[PDB]
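Chains are lettered A, B, ... in the order of the sequence lines. Numbering, chain A: per the PDB entry, residues 6-308, 458-487 in sequence. We number chain B the same way the PDB entry does; the residues here are 233-308, in that order. Chain C is numbered as in the PDB entry; shown residues: 227-318, in order. Header entry for method reads electron microscopy, 2.5 Å. Cropped entry; intra-crop contacts only. As the structure lists them, so they are numbered: ligands from 1, and atoms in each ligand from 1.
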Amino acid sequence: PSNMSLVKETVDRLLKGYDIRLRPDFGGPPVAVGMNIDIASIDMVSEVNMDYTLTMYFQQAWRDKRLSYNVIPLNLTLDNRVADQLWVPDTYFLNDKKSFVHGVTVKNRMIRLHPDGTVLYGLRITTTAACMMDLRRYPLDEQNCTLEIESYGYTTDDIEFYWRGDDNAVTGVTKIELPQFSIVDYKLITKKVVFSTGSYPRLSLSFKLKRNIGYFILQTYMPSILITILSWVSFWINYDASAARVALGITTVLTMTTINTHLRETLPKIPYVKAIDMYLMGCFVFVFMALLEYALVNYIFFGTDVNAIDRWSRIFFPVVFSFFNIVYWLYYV
Amino acid sequence: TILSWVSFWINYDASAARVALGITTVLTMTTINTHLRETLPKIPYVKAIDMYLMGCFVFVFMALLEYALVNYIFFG
Amino acid sequence: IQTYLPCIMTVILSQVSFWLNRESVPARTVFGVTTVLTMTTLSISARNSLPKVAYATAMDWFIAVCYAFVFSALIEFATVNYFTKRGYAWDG
Ligand SMILES: *[C@@H]1O[C@H](CO)[C@@H](O[C@@H]2O[C@H](CO)[C@@H](O[C@@H]3O[C@H](CO[C@H]4O[C@H](CO)[C@@H](O)[C@H](O)[C@@H]4O)[C@@H](O)[C@H](O[C@H]4O[C@H](CO)[C@@H](O)[C@H](O)[C@@H]4O)[C@@H]3O)[C@H](O)[C@H]2NC(C)=O)[C@H](O)[C@H]1NC(C)=O
Ligand SMILES: *[C@@H]1O[C@H](CO)[C@@H](O[C@@H]2O[C@H](CO)[C@@H](O[C@@H]3O[C@H](CO[C@H]4O[C@H](CO)[C@@H](O)[C@H](O)[C@@H]4O)[C@@H](O)[C@H](O[C@H]4O[C@H](CO)[C@@H](O)[C@H](O)[C@@H]4O)[C@@H]3O)[C@H](O)[C@H]2NC(C)=O)[C@H](O)[C@H]1NC(C)=O
Ligand SMILES: *[C@@H]1O[C@H](CO)[C@@H](O[C@@H]2O[C@H](CO)[C@@H](O[C@@H]3O[C@H](CO[C@H]4O[C@H](CO)[C@@H](O)[C@H](O)[C@@H]4O)[C@@H](O)[C@H](O[C@H]4O[C@H](CO)[C@@H](O)[C@H](O)[C@@H]4O)[C@@H]3O)[C@H](O)[C@H]2NC(C)=O)[C@H](O)[C@H]1NC(C)=O
Ligand SMILES: CCCCCCCC/C=C/CCCCCCCC(=O)O[C@@H](COC(=O)CCCCCCCCCCCCCCC)COP(=O)([O-])OCC[N+](C)(C)C
Ligand SMILES: CC(=O)[C@H]1CC[C@H]2[C@@H]3CC[C@H]4C[C@H](O)CC[C@]4(C)[C@H]3CC[C@]12C
Ligand SMILES: CC(=O)[C@H]1CC[C@H]2[C@@H]3CC[C@H]4C[C@H](O)CC[C@]4(C)[C@H]3CC[C@]12C
Ligand SMILES: CCCCCCCCCCCC
Ligand SMILES: CCCCCCCCCCCC
Ligand SMILES: CCCCCCCCCCCC
Ligand SMILES: CCCCCCCCCCCC
Ligand SMILES: CCCCCCCCCCCC
Ligand SMILES: CCCCCCCCCCCC
Ligand SMILES: CCCCCCCCCCCC
Ligand SMILES: CCCCCCCCCCCC
Ligand SMILES: CCCCCCCCCCCC
Ligand SMILES: CCCCCCCC
Ligand SMILES: CCCCCCCC
Ligand SMILES: CCCCCCCC
């Protein structure tokens, strides 16, 4: 217990007459703050709310001469409640909508003093950050979601940011397993944003997310492809079977608009037309033209060659649809 | 289930009608059963409501098979 | 009792069409389209419980195969109707 008493005196001196209201080197050069993230997970990548949820171990490292000690040789990990008695950078995430520091069993923080004065300050944060998504090519789209770490009250004359370790500052990105997204790339930037109140340091952590299309074939494209193929059956029924062909016709048409309406409600009310809309609207024309094919057949007869319209349509419809798929898939893929 | 039986008073030579009626009724029972079960938790056993909807499904489905039996005996 | 039984019964429904006379074109056609549409909504409905995983689950393969049977039952009738040389059915 002799060393415990020695540590108590040292840790007591540091907080004695320690002005929490003043940053390191107050009235002097800016304090450089080093950050390194450990992405614990990415969840709830929602386009209805245009945001993603990010859980991370957010560490900040900075030098504070006031917290320099030399008697103890080891680095002191202190109870997290000491952080309330220490100056820490007032960093905030500009695009953060809703965030919290995990609370059980205690406040998920860390304070680790090093003899030279360095302070390692870690938090486990779950932040729902705003990511505005361009759904024009959805679901065959790549999204670029970012996190904008910035100092609120301290300008570049009072604080500086840097990725501690540079390109090796953020880890865990490879391990993150999103269900419907592949994290193709991530980048780290250091900016200087200017507001009316001054210029502030800015660290931007961008992930380029690529959407997995395998899910959407199961639920979106194949059901619309099969219904499109179903409507072609009417070309194989004799013209006089009006109830059969019309019932086949409207049912395919009505289901198709139902699928389109059903899907687009799950998404936000964006004005533009996505890629899924292009395919569903493109397949709506074939099924609708399939029904109009019978209406022309009925009109031409009741209003040999009637088979020809029914015979040529027997092949051109699967042909023109295939070329539509060639153009669509080649263009988007 | 009650309207399923009106198929029995329809003429035997009304395949387009009775089949449309029988198909319409049996599919509706599935939608009602599926729609009802959504409101409840993902509970892995048959409840009293389930044993009734399944019971009614059997009658309506049998009514559909009643005509299919009638059609086969006549033509087949 | 939420996916497999409806999937199994709609497959049975599509096979009721095989026991109807080939001349009942509207009746056998509504059998095919109704089951195919029913099979479609069941496939869409089934995925709603679980996340949007890219791969296909064991439920998906069962639904896919049941889709093949109901769809093949309608293609079967279209083949049968193709060789139906007369519109009027048996009488007496
Ligand atoms: C209190 O806390 C301090 C700070 O962490 C501890 O001291 C550091 O301990 C780390 C352990 O992770 C040591 O890290 C190693 O440093 C080696 C030398 O780095 C020098 O150069 C860098 C350049 O930026 C300086 O920042 C640094 O201060 C040193 O001057 C590196 O070579 C090591 O990386 C190597 O790892 C393996 C094995 O060597 C190789 O295979 C790799 O290829 C790579 O070359 C590693 O990074 C570091 O030496 C210590 N000083 C620091 C970080 O300043 C104290 O130990 C701790 N007190 C305790 C535990 O009582
Ligand atoms: C926004 O974010 C900030 C982050 O800074 C939050 O501010 C902190 O909130 C916590 C929680 O309220 C504050 O912690 C409080 O510290 C007080 C002072 O502690 C010193 O002084 C006492 C004697 O007065 C010493 O015993 C102690 O060792 C310290 O030296 C405590 O008195 C408070 O106690 C309260 O909570 C305890 C819990 O057990 C109760 O038992 C008490 O009766 C009392 O109610 C409390 O612990 C902290 O000081 C705040 N500032 C900082 C810089 O951390 C905000 O809460 C958050 N939200 C909002 C709306 O701003
Ligand atoms: C998601 O989308 C955002 C867009 O908002 C992307 O972020 C931008 O990325 C670009 C490119 O990485 C940034 O643009 C510039 O990158 C430079 C990297 O160095 C290259 O370019 C320089 C100059 O062209 C070459 O000399 C060098 O060899 C490299 O080829 C930075 O150095 C730039 O900063 C410098 O220039 C600017 C403009 O002149 C100055 O104002 C700065 O002071 C500095 O001197 C510049 O950053 C861009 O900054 C990023 N942020 C934006 C636009 O806000 C993400 O990359 C994207 N996501 C992914 C995963 O890519
Ligand atoms: C360029 C390449 C692009 C690629 C795309 C190209 C697409 C090409 C495909 C075009 C469609 C193929 C039909 C073309 C011929 C139509 C006319 C016809 O009836 O022909 C013949 C029958 O033909 C058959 O026997 C039917 C063959 C197709 C049915 C496939 C069944 C499998 C369904 C699986 C689907 C499952 C769903 C799929 C799941 C993913 C007989 O003709 P006829 O009427 O008796 O009259 C002619 C005789 N006369 C001259 C004496 C008058
Ligand atoms: C001559 C002929 O083949 C007939 C068969 C079916 C007919 C169409 C049905 C849908 C109609 C909607 C509106 O009433 C406007 C006219 C409209 C486009 C019609 C044009 C003439 C068609 C093609
Ligand atoms: C002989 C006869 O009248 C026919 C008319 C209707 C037929 C049933 C339709 C449903 C079928 C589903 C599966 O195909 C197994 C056989 C199955 C039960 C059939 C049994 C024989 C029946 C009763
Ligand atoms: C602004 C984009 C409008 C898209 C309209 C739908 C196009 C469908 C093409 C079908 C080709 C047969
Ligand atoms: C967005 C401006 C209107 C574009 C209309 C395009 C219509 C294309 C229809 C193709 C099928 C006939
Ligand atoms: C609006 C009706 C569309 C009819 C499509 C017929 C396509 C084949 C025509 C070939 C005539 C010999
Ligand atoms: C899709 C529009 C086609 C219009 C066909 C009109 C034909 C009128 C009678 C002359 C051809 C038999
Ligand atoms: C990358 C996924 C490719 C999906 C292609 C679907 C092809 C459907 C063609 C149907 C032609 C009858
Ligand atoms: C028979 C034609 C089927 C549609 C072709 C789909 C092409 C997909 C291309 C995938 C990227 C190379
Ligand atoms: C395990 C419970 C089985 C439920 C069976 C429902 C059908 C029984 C009633 C049939 C009436 C003809
Ligand atoms: C719901 C996605 C299922 C895809 C496979 C369906 C089977 C195609 C028709 C086969 C007829 C022989
Ligand atoms: C392409 C859409 C499905 C067509 C199924 C009908 C096939 C009938 C062929 C009969 C002549 C061999
Ligand atoms: C477990 C008993 C099931 C009986 C259902 C009636 C026959 C389809
Ligand atoms: C389920 C009905 C079986 C009896 C049919 C009549 C004998 C071919
Ligand atoms: C556990 C058995 C479920 C009932 C199977 C249905 C067969 C028609």
Inset, instruction - Write down the drug at ligand 6. - result: brexanolone
Legend entry - Top contact chain of brexanolone (ligand 6) - most pairs under 4.5 Å, UniProt: Gamma-aminobutyric acid receptor subunit alpha-1
Legend entry - 4.0 Å heavy-atom contacts of brexanolone (ligand 6) by chain: B, C
Inset, instruction - Give the atoms of brexanolone (ligand 6), by number and element, whose distance to some non-hydrogen atom of B:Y304 is under 4.0 Å. - result: 1 (C), 2 (C), 3 (O)
Legend entry - chain B: PDB entry name: Gamma-aminobutyric acid receptor subunit beta-2
Inset, instruction - Write down the organism the PDB entry assigns to chain C. - result: Mus musculus
Legend entry - B:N303 and brexanolone (ligand 6) - part of the residue with a heavy-atom distance under 4.0 Å: neither
Legend entry - Closest approach of any protein heavy atom to atom 4 (C) of brexanolone (ligand 6), naming residue and atom: C:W245 CE3, 3.5 Å
Legend entry - Ligand/ion neighbours of brexanolone (ligand 6) at under 4.0 Å: ligand 17 (N-octane)
Inset, instruction - Enumerate the atoms of brexanolone (ligand 6) whose separation from the nearest heavy atom of B:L297 is less than 4.0 angstrom. - result: 9 (C)
Inset, instruction - List the closest protein heavy-atom neighbour of atom 23 (C) of brexanolone (ligand 6): residue, atom name, distance to the nearest 0.1 Å. - result: B:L301 CD2, 4.7 Å
Inset, instruction - Write out the residues of other chains lying under 4.0 Å from brexanolone (ligand 6), heavy atoms counted. - result: B:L297, B:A300, B:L301, B:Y304, C:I238, C:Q241, C:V242, C:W245
